[PDB]
S.K.: 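Below: experimental structure, bromocriptine bound to Cytochrome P450 3A4.
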Protein chains: 2
Amino acid sequence: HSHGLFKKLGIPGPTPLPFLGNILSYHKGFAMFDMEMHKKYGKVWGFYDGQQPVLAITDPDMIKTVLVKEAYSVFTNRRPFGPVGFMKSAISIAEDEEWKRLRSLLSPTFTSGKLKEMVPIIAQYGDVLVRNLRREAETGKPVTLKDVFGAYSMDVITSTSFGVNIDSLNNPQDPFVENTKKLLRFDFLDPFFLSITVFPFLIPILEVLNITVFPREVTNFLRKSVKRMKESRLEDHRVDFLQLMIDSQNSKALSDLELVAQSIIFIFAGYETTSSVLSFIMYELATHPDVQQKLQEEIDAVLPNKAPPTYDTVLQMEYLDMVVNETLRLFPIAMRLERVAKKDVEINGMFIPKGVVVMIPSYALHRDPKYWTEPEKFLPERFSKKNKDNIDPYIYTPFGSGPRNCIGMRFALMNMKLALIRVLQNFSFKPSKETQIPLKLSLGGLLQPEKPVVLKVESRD
Amino acid sequence: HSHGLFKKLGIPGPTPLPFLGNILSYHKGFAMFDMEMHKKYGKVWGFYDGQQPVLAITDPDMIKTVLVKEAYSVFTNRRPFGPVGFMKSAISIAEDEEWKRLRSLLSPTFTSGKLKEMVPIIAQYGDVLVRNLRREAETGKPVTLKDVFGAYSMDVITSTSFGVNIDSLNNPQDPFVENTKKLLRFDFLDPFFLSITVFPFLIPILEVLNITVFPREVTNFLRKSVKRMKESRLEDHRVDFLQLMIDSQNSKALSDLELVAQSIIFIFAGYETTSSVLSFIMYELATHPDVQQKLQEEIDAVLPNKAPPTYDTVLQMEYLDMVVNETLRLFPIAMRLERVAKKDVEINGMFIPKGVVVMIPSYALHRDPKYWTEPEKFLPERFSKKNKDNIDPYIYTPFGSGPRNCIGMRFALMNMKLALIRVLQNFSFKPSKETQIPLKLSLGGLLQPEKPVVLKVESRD
Ligand code: HEM
Ligand code: HEM
Ligand SMILES: CC(C)C[C@H]1C(=O)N2CCC[C@H]2[C@]2(O)O[C@](NC(=O)[C@@H]3C=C4c5cccc6[nH]c(Br)c(c56)C[C@H]4N(C)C3)(C(C)C)C(=O)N12
Ligand SMILES: CC(C)C[C@H]1C(=O)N2CCC[C@H]2[C@]2(O)O[C@](NC(=O)[C@@H]3C=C4c5cccc6[nH]c(Br)c(c56)C[C@H]4N(C)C3)(C(C)C)C(=O)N12
């Protein structure tokens with residue numbers, strides 16, 4: 001009955017099927033689906049994830065109304081996502097007043113003073129990463145980036161969050177390593193999540209039985225592990241997220257269960273994200289020696305003879321920033337952004353009923369010919385001081401936008417840049433024979449390459 | 001995963017869809033679906049009602065193996081049908097040893113001695129039907145057959161079962177009339193039954209909450225009504241099903257709840273069936289004056305000057321029997337017959353795994369060009385002594401076949417014939433302007449005409 005909504009409002013889209021709505025259209029993944037629909041329906045289309053109506057918008061003004069203008073009043077929350085348990089209190093899952101409160105309590109965590117203080121910790125692991133990478137370089141076997149960057153992502157996360165200093169790559173069997181690395185982003189296209197989309201009525205049944213998409217084993221270890229590194233350990237001032245969160249309950253307020261839910265979500269949100277992007281960047285660099293050479297030239301020029309990177313020097317590297325940005329354009333890992341209309345609204349011309357998920361298809365927008373010349377091409381120059389004025393911040397949205405944008409944006413940029421600097425100071429990266437060209441994306445619900453990125457690593461003396 | 005079954009066995013059929021299986025193919029009803037599939041897959045095809053695999057067979061030998069040969073050992077039961085409650089003990093729904101026991105206890109009910117004893121009761125209402133029909137005839141407004149035959153069906157059922165003598169047509173507000181006539185055959189194509197097919201896992205949930213497809217209001221009235229006409233009434237020897245059922249517990253055995261479940265199922269099975277067929281017969285007769293004239297000539301010849309029909313005279317009317325049979329050929333109301341394989345089996349060449357519903361598509365078989373010359377044509381002669389040897393009893397199956405065939409077959413034939421005799425002794429039937437020609441069947445899950453049959457009635461003096 002909800003399947004006549006877009007018909008009633010006179011909005012075009014793919015004709016839904018009883019029960020399934022439009023989900024069979026996901027056979028080629030989210031990105032493709034969004035590309036095809038944009039191409040054939042233009043600026044706005046409507047579709048159904050089961051019985052849930054989703055309105056895709058592509059108009060920059062419209063997008064700002066949703067993400068910025070009407071955030072607090074109408075578009076405050078993401079779609080509710082499944083059986084969730086105690087993780088319901090995680091910032092990214094929280095709603096309305098719960099969210100606003102957690103956002104407030106957690107903002108001061110990601111400030112530049114706190115961030116500049118985090119530099120010497122996250123640098124210590126630029127060194128470890130080099131060390132590991134060279135061990136593969138002088139033995140000379142084509143490297144798997146996700147493995148080495150994955151290892152790197154975790155090391156910085158553990159240490160910056162809790163202070164659990166561990167070489168995850170060489171310690172694969174470490175109890176903290178086994179738990180955390182299980183925490184991977186959800187494929188909303190897998191069988192179980194498709195079942196939840198078609199039968200959302202089953203969610204409360206799952207919630208009552210303490211079933212939750214976050215593996216109970218993982219969340220338990222940490223649940224009572226954080227308990228040790230507060231009461232058994234830190235009960236006596238260190239530089240990490242946990243402290244910044246401990247002292248914050250020490251004046252609002254923050255319960256014990258909430259605090260762990262945030263610690264978990266910083267990993268789940270932070271871990272695969274940082275390493276997928278760092279892996280995509282290297283791919284482009286390896287397939288574009290000119291851009292790599294030039295980046296290495298900017299790095300040696302700024303930090304001569306392998307000087308260590310600092311907060312101020314990172315911000316000073318223009319081409320570095322251009323390369324990170326162009327990569328995010330091609331591979332914005334979120335693919336889509338989403339808000340639910342709490343109430344009925346009329347955004348710039350069109351009426352949107354309560355409960356409709358309004359979706360911004362970031363990937364299709366990033367690769368749109370009507371905003372981007374040769375948008376399949378990797379062209380850092382797009383982002384140079386001269387060109388980067390012709391870039392709409394609501395067409396280009398790798399970190400979302402508005403009050404509910406990526407909270408860890410600054411931290412993530414900084415982290416990746418530091419990783420990239422140390423690595424490029426010591427090594428060059430070249431295509432192996434197993435390297436797939438062009439790169440192919442997983443037809444799954446995740447923006448990742450269909451085969452893992454394998455690259456040849458060579459020292460620079 | 002069950003959707004690769006027919007692929008694995010190398011059996012052809014329509015490719016199923018995730019979850020839905022093949023149910024969208026029912027958009028034109030059961031009969032059409034079965035016709036199309038036969039035409040395009042030949043002798044055997046496989047399809048999925050949701051996740052339930054159904055094997056259609058059309059080979060007469062094969063059909064006899066299922067319906068007759070392997071009934072007791074392998075093909076004992078129909079598919080389980082939904083939330084059912086106390087009606088689980090109704091003969092037509094019962095399984096294995098429960099069924100075999102009820103079949104036994106109820107066989108002696110439908111014998112010809114009992115049946116010949118039922119004649120004077122069921123005749124009393126041939127008279128009532130004439131009386132009502134004439135009231136419409138001399139006022140001269142085109143009659144709706146279902147209404148008058150419906151009324152007739154019930155009158156004979158109530159009286160033959162319980163002894164509740166009521167002119168249902170002129171007593172539409174009678175408390176026994178309002179209850180019973182709500183009891184109509186299930187449309188397995190309506191929304192609720194489609195939901196149960198796609199989510200059969202919900203059935204036990206429904207059963208626990210005492211939800212049941214037989215309306216609780218209806219089943220309750222009778223439940224405690226039968227209680228009155230046993231203890232308050234018959235506790236003191238009459239000719240009816242109830243008695244035949246009362247004395248049978250008076251020697252195996254029969255519980256109180258069972259007895260009512262059978263009383264209900266004789267109505268639900270008997271009521272719409274008798275009147276749908278009686279309505280289809282009149283349609284053919286009205287659209288074929290030659291056949292009507294001839295039938296009336298056989299009736300006057302056997303029962304001169306309006307003599308009342310008897311058991312022996314009914315059996316004596318060949319053309320009558322030919323007309324009833326030809327109509328059932330065109331409109332076998334069951335459309336399909338079904339058995340579930342209790343275990344794995346290998347019927348004459350092909351292997352059939354446990355749980356597969358094996359289905360005989362009676363309607364398509366009745367209208368098959370390879371067994372029937374001009375099978376769309378209404379040609380009683382098909383069934384004359386000379387031709388009726390060329391008729392396979394497993395191609396032609398209006399009352400099913402084997403140990404689980406229609407238990408009320410003899411009673412139903414007799415009842416319809418008596419109705420037809422009295423009616424044709426007094427009246428002729430002619431097409432109105434609202435009469436649709438040719439007749440169109442409901443695209444629903446029931447074999448009924450898309451518009452109700454309206455015919456002009458005229459006295460014969
Ligand atoms: C390349 C790396 C990263 C990318 C591309 C990324 C991207 C995004 C995007 C697109 C959103 C959606 C915001 C919206 O709805 O508009 C988001 C939200 C979020 N990100 Fe990130 N992110 C990254 C790294 C991180 C890290 C390292 C953290 C934690 C330290 C983090 C924590 C979050 C949180 C908590 C939210 C939800 C904020 C809220 O709803 O209140 N992210 N991110
Ligand atoms: C024109 C009228 C009727 C037709 C065409 C008809 C047809 C059928 C058919 C095709 C079956 C399926 C048997 C099988 O699976 O092979 C059946 C079963 C049955 N019929 Fe009828 N029927 C009619 C009237 C009646 C009446 C009047 C009664 C009750 C007095 C009745 C009671 C039953 C019962 C109880 C079964 C199930 C037997 C069992 O499973 O043990 N039917 N009928
Ligand atoms: C999933 C939550 C718990 C994690 C949170 C987070 O903390 N992240 C930070 C970096 C990445 C980001 C996140 O994973 O990615 C985010 N979003 C998602 O993962 C979106 C959420 C979806 C979803 C949730 C529940 C039921 C569903 N049925 C279907 Br079909 C989908 C779906 C599609 C799916 N879309 C397209 C992606 C944003 C960037 C938009 C998100 O909210 N993330
Ligand atoms: C339904 C039961 C309780 C009544 C019993 C009966 O007592 N009848 C006597 C005369 C008619 C006959 C009956 O109604 O008709 C019978 N059969 C049916 O009504 C069949 C049963 C079906 C069914 C049951 C449960 C779930 C389902 N999902 C789907 Br898709 C279907 C379905 C299709 C449907 N088919 C094709 C018809 C026979 C003649 C075959 C039957 O068993 N009847």
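Per chain, numbering begins at 1; letters A, B, ... match sequence-line order. Whatever order the structure lists them in is the order used to number ligands and atoms, beginning at 1. Determined via X-ray crystallography, 2.2 Å. Computation of the quantities below employed the complete heavy-atom set of this structure, encompassing side-chain atoms and omitting hydrogens, waters and symmetry-equivalent molecules.
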S.K.: Give the place of bromocriptine in the structure, all copies included.
M.R.: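 All copies: ligands 3 and 4.
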S.K.: Would you pull out the other chains with a heavy atom less than 4.0 Å from bromocriptine (ligand 3)?
M.R.: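 Chains with a heavy atom that close: A.
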S.K.: Any chance you could list the binding-site residues for bromocriptine (ligand 3)? Cut-off is 4.0 Å, heavy atoms.
M.R.: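 Heavy atoms within 4.0 Å: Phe30(A), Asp49(A), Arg78(A), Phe81(A), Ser92(A), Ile93(A), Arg185(A), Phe188(A), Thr197(A), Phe268(A), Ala269(A), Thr273(A), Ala334(A), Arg336(A), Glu338(A).
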S.K.: Mark up the atoms of bromocriptine (ligand 3) that fall under 4.0 Å of a heavy atom belonging to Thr197(A), in ascending order.
M.R.: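 Those of bromocriptine (ligand 3) that fall under 4.0 Å from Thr197(A) are 28 (N).
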S.K.: Identify, for atom 3 (C) of bromocriptine (ligand 3), the protein heavy atom at the shortest distance, and state residue, atom and that distance.
M.R.: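 Its nearest protein heavy-atom neighbour is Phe268(A) CE2, 3.6 Å.
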S.K.: Considering only heavy atoms of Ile93(A), which atoms of bromocriptine (ligand 3) have at least one such atom less than 4.0 Å away?
M.R.: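 Counting from 1, the qualifying ligand atoms are 3 (C).
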S.K.: Below 4.0 angstrom from a heavy atom of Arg78(A), which bromocriptine (ligand 3) atoms are there? Numbered from 1 as shown, please.
M.R.: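 Heavy-atom distances to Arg78(A) below 4.0 Å select 42 (O).
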S.K.: Tell me, which protein residue and heavy-atom name are nearest atom 35 (N) of bromocriptine (ligand 3), and how many Å apart are they?
M.R.: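 Protein heavy atom at minimum distance: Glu338(A) OE2, 4.1 Å.
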S.K.: Can an N or O of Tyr26(A) be found at a distance shorter than 3.5 Å from an N or O of bromocriptine (ligand 3)?
M.R.: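 No, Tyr26(A) has no N/O under 3.5 Å of an N/O on bromocriptine (ligand 3).
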S.K.: Could you tell me the residue and atom name of the protein heavy atom closest to atom 6 (C) of bromocriptine (ligand 3), and the distance to it rounded to 0.1 Å?
M.R.: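 In this structure, atom 6 (C) of bromocriptine (ligand 3) has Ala269(A) CB, 3.9 Å as its nearest protein heavy atom.
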S.K.: So, for atom 38 (C) of bromocriptine (ligand 3), does the protein have a heavy atom nearer than 4.0 Å?
M.R.: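 Given the 4.0 Å cut-off, atom 38 (C) of bromocriptine (ligand 3) does not count as touching protein heavy atoms.
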S.K.: Is at least one protein non-hydrogen atom found at under 4.0 angstrom from atom 17 (N) of bromocriptine (ligand 3)?
M.R.: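 When distances to the protein are checked, atom 17 (N) of bromocriptine (ligand 3) has no heavy atom within 4.0 Å.
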S.K.: Provide, to 0.1 Å, the distance between atom 27 (C) of bromocriptine (ligand 3) and the closest protein heavy atom, together with that atom's residue and name.
M.R.: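 Ranked first by proximity to atom 27 (C) of bromocriptine (ligand 3) is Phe188(A) CD2, 3.8 Å.
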S.K.: Identify, for atom 36 (C) of bromocriptine (ligand 3), the protein heavy atom at the shortest distance, and state residue, atom and that distance.
M.R.: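 Going atom by atom, the protein heavy atom closest to atom 36 (C) of bromocriptine (ligand 3) ends up being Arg336(A) CD, 3.3 Å.
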S.K.: Using a strict cut-off of 4.0 Å, indicate which atoms of bromocriptine (ligand 3) neighbour a heavy atom of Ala334(A).
M.R.: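 Result: 39 (C).
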S.K.: Please identify which atoms of bromocriptine (ligand 3) are closer than 4.0 Å to at least one heavy atom of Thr273(A).
M.R.: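 That gives atoms 10 (C), 11 (C) of bromocriptine (ligand 3).
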S.K.: I'd love to know the other ligands and ions under 4.0 Å from bromocriptine (ligand 3), if any.
M.R.: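 Other ligands and ions within range: ligand 1 (protoporphyrin IX containing FE).
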S.K.: Please write down residue, atom name and distance for the protein heavy atom closest to atom 15 (O) of bromocriptine (ligand 3).
M.R.: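 The protein heavy atom lying closest is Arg185(A) NH1, 3.2 Å.
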S.K.: Hey, quick one: what organism does the entry say chain A comes from?
M.R.: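 According to the deposit, it's Homo sapiens.
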S.K.: I need the nearest protein heavy-atom contact for atom 26 (C) of bromocriptine (ligand 3): residue, atom name and distance, please.
M.R.: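 For atom 26 (C) of bromocriptine (ligand 3), the nearest protein heavy atom comes out as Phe81(A) O, 3.7 Å.
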S.K.: Below the 3.5 angstrom mark, is there an N/O of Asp49(A), backbone or side chain, next to an N/O of bromocriptine (ligand 3)?
M.R.: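 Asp49(A) vs bromocriptine (ligand 3): no N/O contact under 3.5 Å.
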S.K.: Just wondering which heme-binding residues from UniProt for chain A are within 4.0 Å of bromocriptine (ligand 3), heavy-atom wise.
M.R.: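 Among UniProt's heme binders, a heavy atom under 4.0 Å is found in none.
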S.K.: Would you mind writing out a table of all protein N or O atoms found under 3.5 Å from any N or O atom of bromocriptine (ligand 3), naming both atoms and giving the distance to 0.1 Å?
M.R.:
unit_1, atom_1, unit_2, atom_2, d
bromocriptine (ligand 3), 7 (O), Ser92(A), OG, 3.3
bromocriptine (ligand 3), 14 (O), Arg185(A), NH1, 3.3
bromocriptine (ligand 3), 15 (O), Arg185(A), NH1, 3.2
bromocriptine (ligand 3), 28 (N), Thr197(A), OG1, 3.3

